[PDB]
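Structure of lumiracoxib in complex with Transthyretin.
Order of the sequence lines fixes the chain letters, A, B, ..., with proteins taken first and strands second; residue numbering starts at 1 for each chain. Both ligands and their constituent atoms are indexed starting at 1 by order of listing. Below, each value reflects all heavy atoms present in this structure, side chains not excepted, and no hydrogens, waters or symmetry copies. This deposition comes from X-ray crystallography, 2.1 Å.
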Amino acid sequence: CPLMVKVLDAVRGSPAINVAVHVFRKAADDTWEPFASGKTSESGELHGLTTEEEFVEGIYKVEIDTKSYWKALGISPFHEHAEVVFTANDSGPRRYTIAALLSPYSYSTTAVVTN
Amino acid sequence: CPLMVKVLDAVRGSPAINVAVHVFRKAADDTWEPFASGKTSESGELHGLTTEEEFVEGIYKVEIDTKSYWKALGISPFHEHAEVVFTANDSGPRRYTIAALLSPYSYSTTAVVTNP
Amino acid sequence: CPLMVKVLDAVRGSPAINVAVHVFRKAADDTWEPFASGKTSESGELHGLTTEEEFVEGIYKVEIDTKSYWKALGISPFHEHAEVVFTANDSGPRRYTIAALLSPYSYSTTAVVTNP
Amino acid sequence: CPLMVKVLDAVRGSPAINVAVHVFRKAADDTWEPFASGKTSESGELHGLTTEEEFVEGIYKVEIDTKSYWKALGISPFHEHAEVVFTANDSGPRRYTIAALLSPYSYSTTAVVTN
Ligand SMILES: Cc1ccc(Nc2c(F)cccc2Cl)c(CC(=O)O)c1
Ligand SMILES: Cc1ccc(Nc2c(F)cccc2Cl)c(CC(=O)O)c1
């Protein structure tokens with residue numbers, strides 16, 4: 001599991017469950033090609049997005065549909081989503097955990113890059 | 001100004017100065033049209049990106065070039081940028097301050113939205 | 001002023017107004033002496049807590065009463081407060097802006113430290 | 001495991017390993033009584049701090065020695081520590097994860113409160 005997305009709801013202090021997450025790889029022509037997606041689970045985590053073979057170096061965008069999450073909860077959000085764009089380098093072995101800490105008018109996203 | 005971007009360096013506890021900021025607006029055909037861009041100043045602020053006439057409703061994307069920032073300070077950061085995509089002025093004109101707090105592997109983007 | 005506290009409500013995307021802020025300084029005997037306190041204003045800022053004469057080196061604690069804040073808005077928040085403990089003016093006088101970004105279960109405290 | 005502290009280093013995008021964490025319970029006289037402590041592990045996590053029986057309602061302070069962590073890395077930090085003070089309520093069953101996302105001049109701390 002080279003890439004795991006973790007989403008936390010900073011309003012309820014809970015994992016942000018059932019949050020749509022799309023991953024995209026930047027194609028040569030600078031457009032985003034859908035690559036992987038899922039919904040975060042009960043634990044706010046989205047595993048099994050990609051695999052080691054698939055997850056090659058490149059520029060990836062993780063788009064977290066924070067807005068539907070806030071809509072589902074009835075809280076007016078500021079952002080359309082949360083959108084983590086980063087270069088997977090893979091110079092040494094890497095797991096990437098992208099943790100998005102979400103508030104209606106603020107989000108934080110952190111990469112915990114290990115191995 | 002209706003749109004202000006502020007950027008802090010959470011490593012140096014400083015304003016993040018000379019950070020490139022690009023603002024786009026989603027056009028009718030769902031492309032991003034270049035809307036405005038600028039550098040944060042010596043206070044980490046980027047004022048005057050736009051005006052209350054120009055800053056109509058729409059979805060805007062603010063791409064703060066955090067990578068060049070960290071790179072110029074010798075850091076290889078995780079993200080290519082800090083993004084902020086939001087619907088602006090949906091229930092009439094607002095002032096938006098987008099505050100981006102930057103660390104090499106984490107950033108936070110907050111909006112202070114006030115009713116002028 | 002050498003010490004400014006700014007507090008944002010990340011739920012409402014607003015300044016967090018009328019937030020009680022208490023500043024303490026660690027005395028010789030390692031107790032916290034009350035140093036200064038105030039409310040954030042209508043801009044979420046608390047200026048004039050102290051002066052450059054009064055704001056000597058030491059360890060200071062800033063306790064931002066985030067709980068009363070969230071409680072007055074009907075929210076049961078997680079933390080009793082947002083704290084900031086820091087050594088101030090160790091290598092001469094600095095201006096400190098403490099920016100506290102508040103959510104009911106998360107807060108972030110950042111310092112913008114500039115050399116006047 | 002009613003209370004788990006997770007510390008992330010936002011500069012290196014790694015778990016913050018070997019970070020001293022002290023937990024205190026507010027005593028009746030308003031002083032902090034040491035209750036539990038540990039060092040975060042390799043995964044940035046500090047488990048086994050307390051137990052269900054021990055972790056009664058009360059006001060707790062989690063003090064994270066962020067400053068020694070930054071010193072160990074040679075980066076001048078702003079804060080003396082990170083200090084999470086909160087009321088354990090236990091109205092329904094709760095695990096508390098206190099995640100501290102640490103930068104030299106910024107920290108974020110979030111409670112993920114589940115069950
Ligand atoms: C009411 C208010 C809220 C937030 C900010 N900016 C800000 C922020 F939103 C997060 C971290 C640091 C800073 Cl400086 C500011 C601008 C400032 O005075 O630094 C004002
Ligand atoms: C239940 C839970 C809550 C939060 C986190 N992690 C986390 C993190 F890894 C970075 C920044 C904030 C947070 Cl909250 C985690 C750990 C993770 O799976 O990365 C678990």
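In this structure, the ligands or chains belonging to lumiracoxib are ligands 1 and 2. The heavy-atom neighbours of lumiracoxib (ligand 1) at a 4.0 Å cut-off, by chain: B, C. Distance from atom 6 (N) of lumiracoxib (ligand 1) to its nearest protein heavy atom, with residue and atom name: B/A99 CB, 4.2 Å. At least one heavy atom of B/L8 sits closer than 4.0 Å to an atom of lumiracoxib (ligand 1). In chain C, lumiracoxib (ligand 1) lies within 4.0 Å of these UniProt L-thyroxine-binding residues, judged by heavy atoms: C/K6, C/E45. The distance from lumiracoxib (ligand 1) to the heavy atoms of C/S43 drops below 4.0 Å at these ligand atoms: 1 (C). Entry annotation: the source organism of chain C is Homo sapiens. The option from B/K6, C/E42, C/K6, C/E45 that lies nearest to atom 20 (C) of lumiracoxib (ligand 1), judged by heavy atoms, is C/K6. The binding site of lumiracoxib (ligand 1), defined by non-hydrogen atoms within 4.0 Å, is formed by B/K6, B/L8, B/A99, C/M4, C/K6, C/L8, C/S43, C/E45, C/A99.
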